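Opening notes on 1-deoxynojirimycin bound to beta-glucosidase.
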Amino acid sequence: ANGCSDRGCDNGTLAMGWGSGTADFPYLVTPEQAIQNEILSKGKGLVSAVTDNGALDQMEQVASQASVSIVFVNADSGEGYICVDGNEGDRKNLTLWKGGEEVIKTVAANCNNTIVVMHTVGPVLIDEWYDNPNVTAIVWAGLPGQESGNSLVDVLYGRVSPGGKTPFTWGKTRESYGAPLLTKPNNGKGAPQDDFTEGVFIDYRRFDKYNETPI
Amino acid sequence: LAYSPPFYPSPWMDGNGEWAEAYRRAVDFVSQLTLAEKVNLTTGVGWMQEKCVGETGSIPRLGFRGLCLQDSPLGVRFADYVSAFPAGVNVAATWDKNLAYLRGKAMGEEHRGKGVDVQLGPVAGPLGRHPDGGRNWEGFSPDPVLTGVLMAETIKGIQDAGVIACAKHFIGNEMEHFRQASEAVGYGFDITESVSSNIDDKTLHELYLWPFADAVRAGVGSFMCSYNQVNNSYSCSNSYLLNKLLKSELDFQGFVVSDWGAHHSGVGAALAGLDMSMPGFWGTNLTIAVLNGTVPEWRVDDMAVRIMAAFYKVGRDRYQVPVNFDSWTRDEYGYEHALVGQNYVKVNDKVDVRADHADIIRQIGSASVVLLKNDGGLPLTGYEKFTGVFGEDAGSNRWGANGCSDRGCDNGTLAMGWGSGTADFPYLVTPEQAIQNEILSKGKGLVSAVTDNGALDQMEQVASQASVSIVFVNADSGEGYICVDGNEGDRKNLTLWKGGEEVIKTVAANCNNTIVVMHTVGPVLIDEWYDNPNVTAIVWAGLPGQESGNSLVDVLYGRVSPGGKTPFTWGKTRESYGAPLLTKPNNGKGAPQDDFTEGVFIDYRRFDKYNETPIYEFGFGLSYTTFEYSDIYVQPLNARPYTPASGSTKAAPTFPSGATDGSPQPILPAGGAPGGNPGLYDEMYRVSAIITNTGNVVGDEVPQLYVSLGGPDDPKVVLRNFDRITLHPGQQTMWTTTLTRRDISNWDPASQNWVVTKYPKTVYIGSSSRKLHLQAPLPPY
Amino acid sequence: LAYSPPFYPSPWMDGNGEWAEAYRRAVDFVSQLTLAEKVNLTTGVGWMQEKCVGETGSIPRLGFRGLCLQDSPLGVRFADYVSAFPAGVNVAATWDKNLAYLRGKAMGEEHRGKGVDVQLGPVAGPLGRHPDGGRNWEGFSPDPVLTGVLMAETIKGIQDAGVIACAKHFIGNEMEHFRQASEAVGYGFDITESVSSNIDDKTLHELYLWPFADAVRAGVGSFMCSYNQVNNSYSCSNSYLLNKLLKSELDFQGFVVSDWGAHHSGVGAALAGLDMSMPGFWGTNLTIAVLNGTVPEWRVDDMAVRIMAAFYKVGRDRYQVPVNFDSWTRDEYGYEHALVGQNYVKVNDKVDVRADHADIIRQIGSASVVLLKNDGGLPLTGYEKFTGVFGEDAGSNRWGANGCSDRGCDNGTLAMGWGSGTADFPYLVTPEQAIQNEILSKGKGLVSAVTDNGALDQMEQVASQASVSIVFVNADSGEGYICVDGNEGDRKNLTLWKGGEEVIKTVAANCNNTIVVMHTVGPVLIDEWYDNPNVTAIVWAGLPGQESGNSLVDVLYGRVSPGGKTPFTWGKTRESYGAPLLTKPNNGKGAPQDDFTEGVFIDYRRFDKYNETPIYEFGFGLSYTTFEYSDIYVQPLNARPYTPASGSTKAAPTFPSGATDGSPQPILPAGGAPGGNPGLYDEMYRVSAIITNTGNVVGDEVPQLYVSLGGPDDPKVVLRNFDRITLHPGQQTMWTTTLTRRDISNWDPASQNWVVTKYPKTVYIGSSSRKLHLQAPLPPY
Ligand SMILES: OC[C@H]1NC[C@H](O)[C@@H](O)[C@@H]1O
Ligand SMILES: OC[C@H]1NC[C@H](O)[C@@H](O)[C@@H]1O
Ligand SMILES: [Mg+2]
Ligand SMILES: [Mg+2]
Ligand SMILES: [Mg+2]
Ligand SMILES: [Mg+2]
Ligand SMILES: [Mg+2]
């Protein structure tokens, strides 16, 4: 759980971003673990976890047999002194990491009761899959800390009704958000200038002003 | 070239004793059949042509469907909503007859619930000649008695549940190399024939054949003849093997089925003792050979009656339901060809047969853990401040528990070997999972799992902070048609997989309270770390099936005192075991020759003979309590003198010299009933000793009785009986068993019988093959 | 369902004209044989039983060994000390009859030197219906004329070298998906029969059959019938296909062999036109069928004499030497079973047959380069200050040039596709190697090679500093028994492999003089980068064989001006091509149905019909110089009127309704001679034009003659002729060809003959399918 210094990787379940804004896990309950504990303490149905986003064949064959498919995807970011996968602190895009989008599409193509769980540091572009009819539910779970799997299953299995609201907008495009990120110097060797030209119009204020409909 | 003499005619059933009812009904059935219908029972339908791994032809005129033959020895293969049981080697490590029986019953239940008629197991061949033999883990133990006893219990469990068991593989299939020429060609070898296991008559009787005798006497319905040759005759057309040893001496009443595509002499195989050809030409030729008198009618009558006797013996007439799953797809529906066009039919009903079988699987898991070392490491409490979990073998198969087909990989925790001897997991509880649950339900200390064997920096980091480090390592193997990491079924070495030894050393250098759990199919060379003072405990846990993690923690955290004993030897070197694997053909393009020159001296017998000291001897295991042995007592029973069997068989009924002879035949001196001349099972001595729990916790001991037969060529000791016994602190018990005539005899090739030699015999009772606490002479009479 | 009518009896040889001497000698030989000896010629000895990919039985009484049949279309497969030639698709890109011929001769020389009797090639099926068909690269072009001409030249080359050639696969094997049931099952599909290519009579005649007619007429000794069905009858037992189309209409005189395990109705296949069964179990069944009269004597006789006729036609009697290599091992010696014991025999002589064939392989490599774009990028000088080389496709196969079995991987530079259509490299010169050699022998500027497609930082690093950046990308495919990266033979998409597109974009972002080199088995979608202004040149180089890097740099550095033309279309989308690949069974468990509904409208014909603009049109390619077309002229030749063939065969000699009829048969009106009614090849018009090099360097131009047949359902244009012509600066030539009656005809199903329709025809001469510079009417007469 603490195998990457300052959490500077995206290995396994994402429960914390990277950099100084971190702490060590005393332990980390994964979704895999909590879901298996749930099943095996109740109906004791079948349960298998394919946790390699490259094993698409296995996902097809397990998903075809499933009453329900619970898909996990993430996107990470952190402090600028750490770079992961070409993300220099800031995110180089709003894609799901490690081919998460392909995981969703594969599973959804084989199971008409697919649940998508998103552990992301912020919004990702979901236009391509959110309206898939085979995706019967979608949750965002963020960075839940040490109890991730347990906190999640409490909701998924109905002990707690979900009552969170997204504290940022989910847009169709990166352009929807305006405010492009300055990634190349614009004042020679001197201080770059990030001009806050949009004023108070960030996030939903921007969407509202340009009458753009969020997802 | 070593030679297999002919033996004809192929003996017909007696249907005496426990087989009488079944024979009577088989006869009434076969009497009604055409020749074509009888032949159908003997003929497989074709590879993947129906639902089961093999099916016979049907008899629709009588509303009799073809038999369903399905793998495996540890579960229902190629099926959904089934359980994954511990491997046979785990069963051997329990030394527990009752558990073996109950595992059989539960497996039988699952097969029955799916519509299976024949479960293709259990396994006593391979026995375990080679520590690196790929399929040993499917069986039990290199020891013939341990294997034979648990084989028998397993069979009774399966058949009591209403399914035909199939003792396999008969015989001499002690390695995967060169088992089948086509397979060896796939590996770049140029041979046209399977290897020949060259086994002398004495060695056969006293080692490899022994557990099959137990199988026969346990009432097993079928046998499977092996892919390899024995003395340069393929098992499945080896008249000496099948007609003499199996069907005369051991008086087997059931049917012999071929291994799948096991080469045989077609119609000649039938005359040599084969009853059923799998998987499926033989149909037509058998019909023709009967019609022209090449095969006599009584032979085919006998083939059909054996098959149907097996069917009735286990109550298939009562317990049969439609085959409700498909081996070759998990789809619910599928197209099938019809007389006109096609139909779209139900092919999988997804019938859940698991019942409560997770309990017996957890229990056998716990009972099969062997405590090899404990200098104050175990048990744990669950209140440890910081628990470190280490090794890929702790973690998940990232492709899903069934993500490797036929389990043909070593991803995550190893709970099952590869090949036909498999079943799909309904789920898999990993050690990582079970250990975290244990901590988080108790003291809730720190716990971290580093499950990448390359992440050595992290293991140091974590181990150096841990109150306890629990390290997981494995070694895998399986059937020859699958190669993993250059292990062509057979293991290419006795090393821990994936740098496991490095994981152990790294962790132990950083944590002075290191616990090592080995999930191995067999022995590995541990000389370099077992004696590390920082390794405070070592367990072997084998291949535990679906409840691996849970079964383990029950032992590690002290709910169950470990009571398993190692069913094979842990030597210092590969050379210690002798019997090197033949991995290069030695007969040009012909059948390689694997000569069994060591005789009966495999595993512990070899170590004892050559005075090599094991790291951990056969039969060794520790407990969380202590036991004391006292007061051995030997009572001679004055059994009746042995009488060689004599007289005649009946004439062959209807419902190569001698092959068509249906006249009465002479009984062999060592035959005369299923399992051999009944005088062999006469009790000669009663032997007693007192076992006392001298420790502070309830625990199981496995007392062991060994015999020294006393000759220059005899092993110093051979196991002859054992039991598993629960004792409360301070409680004592008298362990009483008997030695049969067979138990104290040697095979005499000249007289073709078991003899009690004039060499003085000693009996020993102890806690392992080397810890022989008690002894007494066996006084002759 | 689509249906294939019966056509019986199976036509027997005429041995007229060019075949008379071969027929005479075959008769003399077959006259001497027993029936068993005749059947031996027709029967393969079994998979991997002897030395060659296939062998017939022998006739030792006359010292006649079994024939040796050996892959591949581009070299001697499974052999040492041989050359690896460029693939067929490269030959197609040359548009060079002469080069096609010389490649045939060289391959033929090599086969000959090894003792091969039959080279299993070349390929005109797959023709190329699907851009994603896995085996298209083994053939030539989706265009029937281009393929037919070069097919014929290749055949003449092989056979002129004293080896029998084999036109395959006949017919309709346009994809790998579902070609064989067992293979489909291996991929997890549930079917029991091969896909059926459903092709109407007109489409067959005007598209798929056409090149095969060319092969017949070129004197090809053998045909191989395909795995798939045609109109729901397997090619190898399809009487319409073999008896009617091949052996009557096209009057083929040679022998038909099956693809390896290509399914047929056993003895009924022989009646349907099959002559030879590979690889092998029908020998005794054919013998019996002849004895009981189900197969006439004249049929088995005709089978034997066709095989021997092919043998004598290419002069096997003069050129045969013992088979001096082994397909299944590189060992010098090996064991063989004998009447008793074994013989140790020589199995490989390591006969070096490469001669000087590296020269032609280099030359064809260079001639098959197609320059698709050039805005001042090429040629290079070798005096560039800094050359960057980018992409794994520039580098070495790290497992060795032959490190992937049957080239079944995409390691390093792609010079050959995968499957049976392969041969071993004696060496492989990579682009990395050749470019460094070029720089270091000339200007000795800087040069670096980043051959890891994941190393994007380094590519940016180096590309930023480069004078020129040379980027290498590939896309691979092959035979269906091999899957690479989810491509089950056929390509799962038309993307560049291993992120080639990202390499291109990364490099072009940092270097404004980026050259892209594509080694692809067929088209890929390049819409996103081809028009990038930083990409100053684009070349397709295909699968160049052993001299890849050398042949390439010869062009890039201006020693050879590129003159290749793309032999297929480069479209904007996959949908552009129509004819989507069937990758999902559509007839339940039965034969999938592949309907060729687009008719003759494949590749450029489709694009033309829908008025869709390709990125690069069929027949397009640039030069380092410019060419000018002028002054077309059409000369009517006033040919004799077309006469339907009439009269009757002779009766079948000896040495299903109609299947046993040996009586004189009527000649089909479109038959009469090998390749069709001779009147079909009468010259109708002579068409000529002046070509001039108007630039500053020597170059090759490929002028092309297209015809508009003028009907409402005719393609706007079809290729009818072409040549490759070297012109120095300011050099002119008169290019003159003739149009045959076939060239201006349509197939008429009602009359079963080629007809010249009344619609006005127009002839075009141009530099591509879309660059039709000159045109003229074809005056009716
Ligand atoms: O899968 C059927 C059969 N195949 C071959 C194996 O040797 C045998 O154990 C198994 O039962
Ligand atoms: O290798 C033999 C044979 N196998 C099957 C292929 O389709 C054919 O092209 C090849 O010649
Ligand atoms: Mg089926
Ligand atoms: Mg008997
Ligand atoms: Mg050979
Ligand atoms: Mg003719
Ligand atoms: Mg197709």
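Chain letters correspond, in order, to the sequence lines: A, then B, then on. The residue numbers of chain A are those assigned by the PDB entry, with the residues present covering 432-646 sequentially. What you see of chain B is 23-302, 312-686, 736-861, where the numbers are those given in the PDB entry. Residue numbering in chain C adheres to the PDB entry, whereby the residues present occupy positions 23-302, 312-686, 736-861 in order. Method of determination (from the header): X-ray crystallography, 2.3 Å. Partial entry shown, contacts counted within. In listed order, ligands and their atoms are each counted from 1. No hydrogens, no waters, no symmetry mates; every other heavy atom, side chains included, goes into these values.
One finds 1-deoxynojirimycin in this model at ligands 1 and 2.
Other chains with one or more heavy atoms under 4.0 Å from any atom of 1-deoxynojirimycin (ligand 2): C.
Interface of C/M246 with 1-deoxynojirimycin (ligand 2), defined as ligand atoms under 4.0 Å from a residue heavy atom, comprises 11 (O). Shown in contact with C/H191 at under 4.0 Å from a heavy atom are these atoms of 1-deoxynojirimycin (ligand 2), numbered in order with element: 7 (O), 8 (C), 9 (O). Distances below 4.0 Å separate heavy atoms of C/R99 from the following atoms of 1-deoxynojirimycin (ligand 2): 1 (O). Nearest non-hydrogen protein atom to atom 2 (C) of 1-deoxynojirimycin (ligand 2) is C/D93 OD2, 3.4 Å. Counting the atoms of 1-deoxynojirimycin (ligand 2) from 1 in the order shown, those under 4.0 Å from a heavy atom of C/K190 are 8 (C), 9 (O), 10 (C), 11 (O).
The protein atom (non-hydrogen) at minimum distance from atom 5 (C) of 1-deoxynojirimycin (ligand 2) is C/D281 OD1, 2.9 Å. 1-deoxynojirimycin (ligand 2) does not have C/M300 within reach: every non-hydrogen atom of the residue lies 4.0 Å or more from it.
Of the heavy atoms in C/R157, only side-chain atoms (C-beta onward) come closer than 4.0 Å to 1-deoxynojirimycin (ligand 2). Within the 4.0 Å heavy-atom shell around 1-deoxynojirimycin (ligand 2) one does not find C/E160.
Residue-to-ligand polar distances keep C/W282 apart from 1-deoxynojirimycin (ligand 2): every N/O pair is separated by 3.5 Å or more. Within 1-deoxynojirimycin (ligand 2), the atoms closer than 4.0 Å to a non-hydrogen atom of C/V75 are 1 (O), 2 (C), numbered from 1 in the order shown. Within 1-deoxynojirimycin (ligand 2), counting atoms from 1 as listed, the ones closer than 4.0 Å to a heavy atom of C/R201 are 7 (O).
The site surrounding 1-deoxynojirimycin (ligand 2), defined by heavy atoms under 4.0 Å, contains C/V75, C/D93, C/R99, C/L142, C/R157, C/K190, C/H191, C/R201, C/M246, C/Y249, C/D281, C/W282, C/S451, C/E510.
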